[PDB]
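Heading - actinomycin D complexed with NTS(non-template strand)
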Amino acid sequence: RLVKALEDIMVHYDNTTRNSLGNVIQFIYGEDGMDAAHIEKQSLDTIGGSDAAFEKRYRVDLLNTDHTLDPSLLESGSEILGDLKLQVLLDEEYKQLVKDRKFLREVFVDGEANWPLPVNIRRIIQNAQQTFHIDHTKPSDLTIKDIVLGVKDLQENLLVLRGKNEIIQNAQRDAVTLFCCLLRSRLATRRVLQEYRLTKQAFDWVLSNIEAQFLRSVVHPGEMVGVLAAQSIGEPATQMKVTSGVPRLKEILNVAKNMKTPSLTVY
Amino acid sequence: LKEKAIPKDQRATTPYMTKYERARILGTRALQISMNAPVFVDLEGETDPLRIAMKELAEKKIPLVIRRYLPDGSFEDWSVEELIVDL
Amino acid sequence: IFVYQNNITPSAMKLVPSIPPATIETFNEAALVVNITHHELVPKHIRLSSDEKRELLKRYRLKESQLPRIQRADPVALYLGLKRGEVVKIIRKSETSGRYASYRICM
Amino acid sequence: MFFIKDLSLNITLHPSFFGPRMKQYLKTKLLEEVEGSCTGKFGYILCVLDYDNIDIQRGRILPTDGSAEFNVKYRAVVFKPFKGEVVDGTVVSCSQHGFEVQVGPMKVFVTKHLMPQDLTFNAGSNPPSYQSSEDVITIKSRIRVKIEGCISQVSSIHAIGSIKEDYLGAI
Amino acid sequence: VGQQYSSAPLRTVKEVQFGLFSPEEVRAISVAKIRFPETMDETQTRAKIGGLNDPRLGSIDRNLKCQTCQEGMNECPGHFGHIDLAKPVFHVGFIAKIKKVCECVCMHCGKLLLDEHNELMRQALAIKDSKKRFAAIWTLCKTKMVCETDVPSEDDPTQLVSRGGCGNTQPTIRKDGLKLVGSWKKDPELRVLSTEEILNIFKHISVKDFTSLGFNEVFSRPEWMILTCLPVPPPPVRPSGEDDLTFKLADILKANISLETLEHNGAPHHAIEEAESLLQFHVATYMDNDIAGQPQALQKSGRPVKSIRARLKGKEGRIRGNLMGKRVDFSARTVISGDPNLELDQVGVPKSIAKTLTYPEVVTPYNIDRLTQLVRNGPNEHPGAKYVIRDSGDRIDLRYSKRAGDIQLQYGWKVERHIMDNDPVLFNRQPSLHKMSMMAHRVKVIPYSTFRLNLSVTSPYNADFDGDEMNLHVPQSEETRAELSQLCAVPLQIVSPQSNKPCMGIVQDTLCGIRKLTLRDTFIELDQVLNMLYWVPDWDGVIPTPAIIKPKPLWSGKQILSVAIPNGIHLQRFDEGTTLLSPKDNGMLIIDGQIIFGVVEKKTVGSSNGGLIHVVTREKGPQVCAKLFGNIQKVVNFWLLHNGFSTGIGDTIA
Amino acid sequence: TXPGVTXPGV
Amino acid sequence: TXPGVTXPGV
Amino acid sequence: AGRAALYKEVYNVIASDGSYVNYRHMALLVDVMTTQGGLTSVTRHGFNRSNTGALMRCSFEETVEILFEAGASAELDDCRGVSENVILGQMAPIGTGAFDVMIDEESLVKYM
Amino acid sequence: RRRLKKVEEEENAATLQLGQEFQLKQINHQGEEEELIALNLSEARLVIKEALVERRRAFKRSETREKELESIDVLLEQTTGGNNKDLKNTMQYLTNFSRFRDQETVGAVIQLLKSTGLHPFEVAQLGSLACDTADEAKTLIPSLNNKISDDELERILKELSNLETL
Amino acid sequence: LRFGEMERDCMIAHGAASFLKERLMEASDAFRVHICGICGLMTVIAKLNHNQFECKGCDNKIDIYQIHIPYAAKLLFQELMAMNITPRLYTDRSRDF
DNA sequence: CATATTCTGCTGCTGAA
RNA sequence: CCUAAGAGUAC
DNA sequence: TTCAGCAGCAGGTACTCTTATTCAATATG
Ligand SMILES: [Mg+2]
Ligand SMILES: [Zn+2]
Ligand SMILES: [Zn+2]
Ligand SMILES: [Zn+2]
């Protein structure tokens, strides 16, 4: 029954999910436009932890001493202190991180940090570390402006929708906002310069691989997602106070006016 | 049909080739090679039509264009030359 | 908007539809005690303008009937005073992408 | 009468024919297939205009077949006889029932019932001719004829004419 | 031989337009008029002219061509006949609809009861979809029992505007079996609404009226719901022991002849009505034998008659049993056994199955030679060829052809030859609940009567080896073969969209061994190390430096298993209580393809998210992941073979 | 329903 | 109604 | 809110035995069930009554009645669904069939 | 639409019911609409000559009645091959019944008939048939009846007869 | 072997449309039938040896097409026609998507 | 003497107080 | 050859 | 300001094998 119901659902070339009549079921597949096979569980580092831990992990102050960065971290470590434009860049990066923290806490109420996202940033960082032989002792060649602008450009390059109008652009920004939050959480200036210690070419390689992997993870138009969903629901059901399992699935799919255990939850 | 055809300068589809597009391109090219179509790439001795088509796709010598259909009937013509094969 | 205590007599319901463009909407007090739109299961509903509806149908190449439907008896549709043919943008906090924007047409 | 009209033909090409001269093969197969043809929808098709760049379009591969289906669009000159239309012609044959006059690529059979009583058949003359007191209509004789009946035969269109109207007959 | 060449243009169906036959359309398309219930003439050797098996409808014998199209049974689609019914009868499937339509339209003047002057009729007629329009029009007009020759004015209900009404009272209509009975409100009179008067009132419905009722002017007019000419399907529809439909059509003709003779010779209305009811019952049971309440029309042998509706519906019906799911050729089915020595994407195919299933390879200059050799081999040995498809449509069978001499292959011909190694084949276990239960494997011809598959691929198939049977399908074209290899391939299905995690993993013995091999106690001496290194097909040829060099060179199991792990893989999983040092040897740390620490078990090499399988397939590719499956299986199976594992009663004793 | 799961109705 | 879908009424 | 509750119920059913299914599959299911403005069931009375083509509607259940209604109403079947092309034995516009492959004369001449 | 079976008026040139596909306006291959231009015998002859000479030039890169017949035969055999009996007969018919000679006269005639603002079929019939007087032309072509005034038709036919050459 | 409904659904999920078409047509039943563009019915008399195509009733001879449908589909359409339902098969779109 | 016929799962009121 | 029934095989 | 009259029976996916039979009884050419 499920497969017959969902058989005509397909992802079309405008990334919309439509049936045989052309009716839109989802304006983008899975509300993110990503293939399920390219999704892995990753930790969003901004939603969890404490405020002090968050500031220690992310905040960088070029003009004060409480949250400054060690000048040995980067090559221009003694000349960037006292700079103002770079301080503006750090301020906006941290403001964006705070906004991302608030947004993630608004999305996931339980504060769960491990959620399925397409591109595994951790493995890309590890691959760069093993490929370029980061010695963890030489000061980083990167400039902070390079890091911030590269992150912004990489976000601009993560295209799910290619349209050139306000509706498609806004939908594109909506479809990548969670992955963009993950990218900013991982590729932060303090984290890059301290925890990972990227070089210039290592950072550029990380950016390029993130872009390539994100573009590779996009759902392919023509995917018969309706049958995939129906089978992905039916097969675990075959593997199988309140009724559960096959009878409850029957009561859900067959929208039954009367069910065995009608329960209500009050907070 | 002029209204159906979206102009090339404002195609809104991905510049990458889908897995279904690649599979159909390889199948069509192999079926053409099996039926004595001219080969546009120099063979290194391979006799399988499928791997001949794979070699043709690797260096972009497949003279086919994908007509991708939008749900309203409009279509976009993407040449195999300009389609990026990342997978 | 008419707010009543218990019920409206059927002899008064029939004259609720007045001369256009005046639309009379009747609401029961018991149903208005709890604001449905504050439930975390209820996402954000924003009524789209005629220009916005035209732009949405143009950019997505959609017809009148190819959009997802919202009944003209849905509690949110009554809350926002939807009339038929008007499209509501639905902002949803999705767990795959942080923001999702759907659209539902009134029927 | 003569017109020029927009026509489209569907041509299927085998996979073996997709060499650099695909355009030339398509154009040559358009010829010999529609050139000098007859159909009830458009009458006679005599020649194709604007041969320099005939719109061949892309060409769609038939799935599971490999043959490409082209929708070639072109300008074609058409000679469609119409009911009750006057056209000039050259008489090529005469018989008891009527006479056959050559109009363009077609032969129009004008019956003996559709002539004035003064014009009468004469099989004694060699060749037989529709002779009158004032003139004689022989082989290779000009005549203006109003076509009033056409029967659609795909192999060769047939028409029936008349010269009863005023100033209809030999010029 | 298939079907010979036809000059008609080849197109695909773009739109299917449904509708009803007009009686004149049936009379126009019918190639013969059926008048005799007997299917065979008095000689009992020929099809009777005018009978139900008229040769103009199609040939019932292979030896004869169809009298209409002059084609064989293979080509002839069958041409319809028509039976001219003496009196109109109700189409059973439309009776309810008829009951609705006649309840929406005045039974005397044939006009819709509530015109646009009714306020609710503007709302009802404005509905777009025809079904909803008809539902609204019916549920509002069924309660009106007067034609309303005069109606209150739309501007104000003071003056009266006169439409074309007749003022008669509409009857309340019920169905009593296959007939409609109308009760007129007493000024109640009960009488049967004759099909003739219903057809007359349906033919008088205006175009606007019935197009507002959901009908179409061209494709379905309401009066076409009444049967006056029955289309007789050709013998292809009812092949022969006569078919049930043939007996039903014979009964229909018998009833039609009886009614015709009774009407012509003059008879009481009782006998005429009885014959009419018999004809209606026969027609209805011919179209639908499962009418509720009425007794089923029994076949000659005392069993229910299979109607057209019974043929279409059900699991074994036309749609579900022959179109949505049909029996296909080039398929095999046999028992499955496990093979640790096969690749993940490799399936063992019995030699006999490979000899029966065949693939058509197009003769090409690149493969003219090898195909020729297969043609020389014949069908009785493997590898070989079973058929040669000539470009003229003739098919040379390799059996009974060695007498004729050697066959010269020409470009464009086809060699239908035994499936060989590395042939992409679809492989299935049914019920096949998901797409991973139907995957593309590569053929490996084996000399035993069972399908052999990797142990890791049994998990998506939900397959055991206690008698399970599995199915094998072979593509018969290059496009299907290519998309089978590039879309449905087993390595591509390693990570499933079902749970964004691998569906295949190390299972059963290979799992147990991989736990025993990766223990800290497990030390492997030089000879077994060399054997295990050689057992890895892609081993680079360098012997790893032993974990212990003196006083005796010993390799650990982790060191040997790290050879199978591809270079460049980093995995770090922290289990319960594990530290950077692993006192319990739990968790997992692999750096650059070397197992730094951790006992390898279900959490590492199983079908789990973030495990070795997932990391390898997301870093190096599905082919590398399948090769990892093979390498790990080979090394662990060899070690477990030379180490041993058991279980007994003492293992259950405390 | 059906049967099973007449109609409704009949 | 009917029955089904007495009357109404009776 | 009904769609969100339906997804939560389906997810509870799936995760009752510890199994995990990606969000998009159940999201598609609950979006299909709620795309008509109300809760549409996976039953003969639900998805099989939407005007989505007589040939694919009849393939589920109530075949002959669906065909009769289509004949009476003179429905047009655009053959966009998978079942229509399966019944007609032609390539459905799914997967590899969601597009058309065409030959370019100019590109083929450009190669040689 | 898609009306099964066809009911339509019988074709009649006098009634100007040329056909469902011979209507006044036709969609060109560029996608826009153009008036159905109807070729008179001389204009059609020039069009055929231009098409054939252009085809001959493309294949190369890739007057009295007898000499014209020989020339058209040679050019026809050079341009096209077989199955041209219909085209040969049409070409000899055109060379026989030609009312205008070259580009200048046919251009003048076509612009003059365009200035008349009459139906393209009617102006093509005017150019096709070489009449003498006004009412004689009216009775030759029944589609001309009550479409233009007698004096205007007479004067335009006088200019046509003046443009009639050889 | 039965290529059932849900095996077809597995192939639909794979996206292998051409393999599904080959399974349902070439392997099982591939029937070439002649129809006309006037009425989509299969009432076209096709004398292939004589190269004659004629649909009686429509009185047409030049507007005939051929389609490849399963013989089960042809039998279904013919049974529908015997059941007073017209499955008119048209090879062109009368409506925009 | 051989052949024809007699267990689960849905729906629509209005009349009379 | 068809139909019906029964017995089982793997889920 | 408010409520009593019913009624109709199929039912997952593939696959193997066996067994009975498909009116009897009577009238008429
Ligand atoms: Mg088992
Ligand atoms: Zn036949
Ligand atoms: Zn009336
Ligand atoms: Zn027809």
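Throughout, protein chains are lettered first and strands after them, A, B, ... in sequence-line order, and every chain is numbered starting at 1. Per deposition record, electron microscopy, 2.9 Å. When reading the values below, keep in mind they use all heavy atoms of this one structure, side chains included, and skip hydrogens, waters and symmetry mates. Modifications are flattened: parent amino acid or X, and no contacts from the extra atoms. Only a slice of the deposited entry appears, and the contacts counted are all within that slice.
Within the model, the positions assigned to actinomycin D, copies included, correspond to chains F and G. Those other chains that come under 4.5 Å from actinomycin D (chain G), heavy atoms only, are K, M. Per the PDB, the name on DNA chain M reads TS(template strand).
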